[PDB]
Amino acid sequence: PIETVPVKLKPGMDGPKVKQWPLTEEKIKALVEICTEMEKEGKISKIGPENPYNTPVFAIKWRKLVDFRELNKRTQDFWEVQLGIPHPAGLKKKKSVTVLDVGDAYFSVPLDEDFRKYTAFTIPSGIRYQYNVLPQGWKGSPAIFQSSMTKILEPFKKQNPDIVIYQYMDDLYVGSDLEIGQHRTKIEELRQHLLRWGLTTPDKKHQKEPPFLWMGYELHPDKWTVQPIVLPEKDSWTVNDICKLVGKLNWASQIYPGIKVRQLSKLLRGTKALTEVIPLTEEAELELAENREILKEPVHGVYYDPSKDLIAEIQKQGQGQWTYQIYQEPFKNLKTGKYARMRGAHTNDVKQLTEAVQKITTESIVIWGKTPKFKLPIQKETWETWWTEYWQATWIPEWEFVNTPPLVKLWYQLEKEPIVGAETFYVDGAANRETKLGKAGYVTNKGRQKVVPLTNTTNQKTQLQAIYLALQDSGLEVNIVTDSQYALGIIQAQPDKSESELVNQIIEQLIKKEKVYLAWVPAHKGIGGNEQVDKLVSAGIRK
Amino acid sequence: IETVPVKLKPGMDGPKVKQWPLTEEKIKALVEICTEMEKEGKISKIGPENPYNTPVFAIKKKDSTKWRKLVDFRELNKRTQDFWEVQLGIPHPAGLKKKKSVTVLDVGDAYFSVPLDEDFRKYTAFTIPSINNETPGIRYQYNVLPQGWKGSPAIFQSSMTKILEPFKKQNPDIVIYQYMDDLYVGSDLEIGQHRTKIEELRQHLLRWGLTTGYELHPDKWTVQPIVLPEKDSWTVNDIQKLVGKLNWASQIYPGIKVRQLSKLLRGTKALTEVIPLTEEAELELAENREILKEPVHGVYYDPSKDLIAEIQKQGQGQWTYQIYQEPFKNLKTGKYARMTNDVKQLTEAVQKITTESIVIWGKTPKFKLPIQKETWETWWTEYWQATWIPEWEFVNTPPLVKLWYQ
RNA sequence: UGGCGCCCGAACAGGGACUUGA
Ligand SMILES: O=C1Nc2ccc(Cl)cc2[C@@](C#CC2CC2)(C(F)(F)F)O1
Ligand SMILES: [Mg+2]
């Protein structure tokens, strides 16, 4: 009595006509046995002459598996309504939970009458068969079954609002706050209700009890955790092993707090072959040892409690690594994680903290549908100065200051006006486009000019080098006039770190300076001493 | 009524935009109003037959507590651009931009009385998300003309004219213009009389069952020009900043010169050194001052080209925007100092800029928002209050273009 | 065999800064 979902092929296409591969004695004998059994059950019907279509049928006891590549790319596109999966942190505590594995899930939903003929079969000695139910591996089987199952459950969920039913590929999670005796009675009602539509589910004896291993999680009625993660204790590590290691402890990061993958992830840069034994760096080894210690004890998450307000405490792990603990009660956290990603080449703690907060907010809305009350390690005044003096429309929701040793702050600030009494440094650099024998230097009002040849440097690198010379050769207060927007843009962002080592050396030199003003003048306009600098840094590079 | 056959743009398929995550408060609101819409017959639940989807958001219009459904038909509008511009496009009157008051009604509730073409209802499909993806999102269609879709006013304009013709006859001085779902009613009458006429128009719409910022002052809109700093004593840094600004402004105004100003910066001098402007330099600076106040010569609106709106965060709650089609050919440069929250100010600036363009050029611009893609996409729906939604892109503002105002 | 997530590399398009030549 399940209403079929109309299906049709893409415009201009017709049902696949593929040749059947001559099966072997052990395959043909098994396949006919399967086909006869399904045919007697009504899941298959014989349409030989009126269905000039074919698909590859093979056995891989023996289990039939037909490859629907030809039909998968010719059927109309479907909308996978539920593409993602529920994070266990988003779930809610249930007194009793049961899992109903829907036996013959797809094979209980009839296929569109006008589409059955396109799913034709062919078995040699042949015999032709067509699917009267949703096939396995077909593009529309998951979406159609979910739609069909949802309509089957709506008249039961409506009658039982207390019961929470979650439907996945094959299994059906039916959670309830009812007692064990009462819950089992209600599950039987669902089992009978499903049986009315032909769907079959197992009995209590053949059912499964918690924990419920689901998509890598080990779900209990009251707590959740990732499945036991064991990291290899080998000596030599290859790119394949690092990829496994990084992925394994990325799964653990969402429950285990303080998981660092920055060093190990860096070892995957520049390596292509998976057999290349990576010489695990001391920093990578240090992180791996720390991660191993974190995984020594078992850490169990907690389920969402809508009656309470989510908190999201963020901690700074250093080197662009952040960790957050989303929780409602103290020390009992629903979910953890990390934000080690760096947006752009140049960033600072405050900008990274905002990005980490945004990432938590985005994942909190999908999981819980509400942003948490952040507890950031940044002073209110410190954040106020940043976003007020920043060119982006940055904003972070209601947050509170938490005093942790690794506080977030701006290591240096650039003056908004020229410094009186500070020697001015006009800095520029020209890089050859062929021999890459660039050059950088500075000219100051006190007749203190300097130049340093550079090699394998780019136009951009030379400009940053010219800035670095001024900071090196200046005092506590320096006025730098650079006619490059690249250097100005990078430094004005007030980064605390970056991939480039040239800019990093500048940052450690900007901090030492008690006052630094970085001006900007158009190039080639004869703007005072900037014209003189170009003469020094282009004598033997540009023309 | 008979449905008007709507044909999608040839060679283009219906939208398949993924639904952005919604908060539980918005999801609960959407289900409450979408179930009522289905009960009234405006929408119908659908299965997985069609792969189309347009994100649906929930907003609260200004001075309102009830929730409002905001369906993002930006991709569908593009995929059916021919239908609602050349086949049934609505001409934009050039008069409302000069009117003292321009009230913005909400006539988007009258579209639901017009059935939608059955062959087109597939593309007007949206999914209501579920928190944590617990249950599958609820998928709906539009059995009636969707509001927020640029084709609905085009189809409904035939009925709208008949509604407004008896009103317009008795009030020839009122310029009524609807863009997507609103009705920009412009009149030169005083504020007291204009509101009475709007009430008369509102009562006019109710007799046909069409239930009904909110008011604008186009005559009070003036583009903010580029202004150079003025001071008695000029330092080397001030001249350098001035020359850099004027040099960049030369791309906009060809008459801007920095020759004599640069002649002051000959040697290597301290940034704090006071430079006494020479007679020639002072005269040339004065020449730049009068050029800037004048409008950009040779800049005209091109209907074919899409408008582009660039917004800059000047700090202290001040935002500067420029609406242009070609670079350095600003059709309109302004400032949003009304403003707390950067995203709230940016959303208000976007809505204000879009409304200004609608009553001036009859088309929303493409927005270059100075904001992160994730930050905006998450918080822009908490402050949005306009039925329409413009196209935006996210850009990294150069440090030297933020100096539109010092 | 398909899907999703992470990382690496390549090709694409545009949105920018800049160098050299004509
Ligand atoms: O609301 C809840 N609470 C809950 C509590 C414990 C468990 Cl193990 C499962 C759930 C549940 C779910 C689910 C899908 C991930 C498997 C259930 F639907 F109830 F089964 O969602
Ligand atoms: Mg140069």
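Chain A is the first sequence line, chain B the second, and so forth, proteins listed ahead of strands; every chain is numbered from 1. Determined by electron microscopy, 2.9 Å, according to the entry header. Just so it is clear, the values below take in all heavy atoms, side chains as well, and ignore hydrogens, waters and symmetry mates. Each ligand, and each atom within it, is numbered from 1 in the order the structure gives.
- Notes: drug at ligand 1 recorded as efavirenz.
- Per the PDB entry, the macromolecule in most contact with efavirenz is Reverse transcriptase/ribonuclease H.
- Taking 4.0 Å as the heavy-atom limit, the other chains contacting efavirenz are A.
- Residues in other chains coming within 4.0 Å of efavirenz by heavy atoms are A:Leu91, A:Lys92, A:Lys94, A:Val97, A:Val164, A:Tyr166, A:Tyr173, A:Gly175, A:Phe212, A:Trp214, A:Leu219, A:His220, A:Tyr303.
- In the PDB entry, the name given to chain B is reverse transcriptase p51 subunit.
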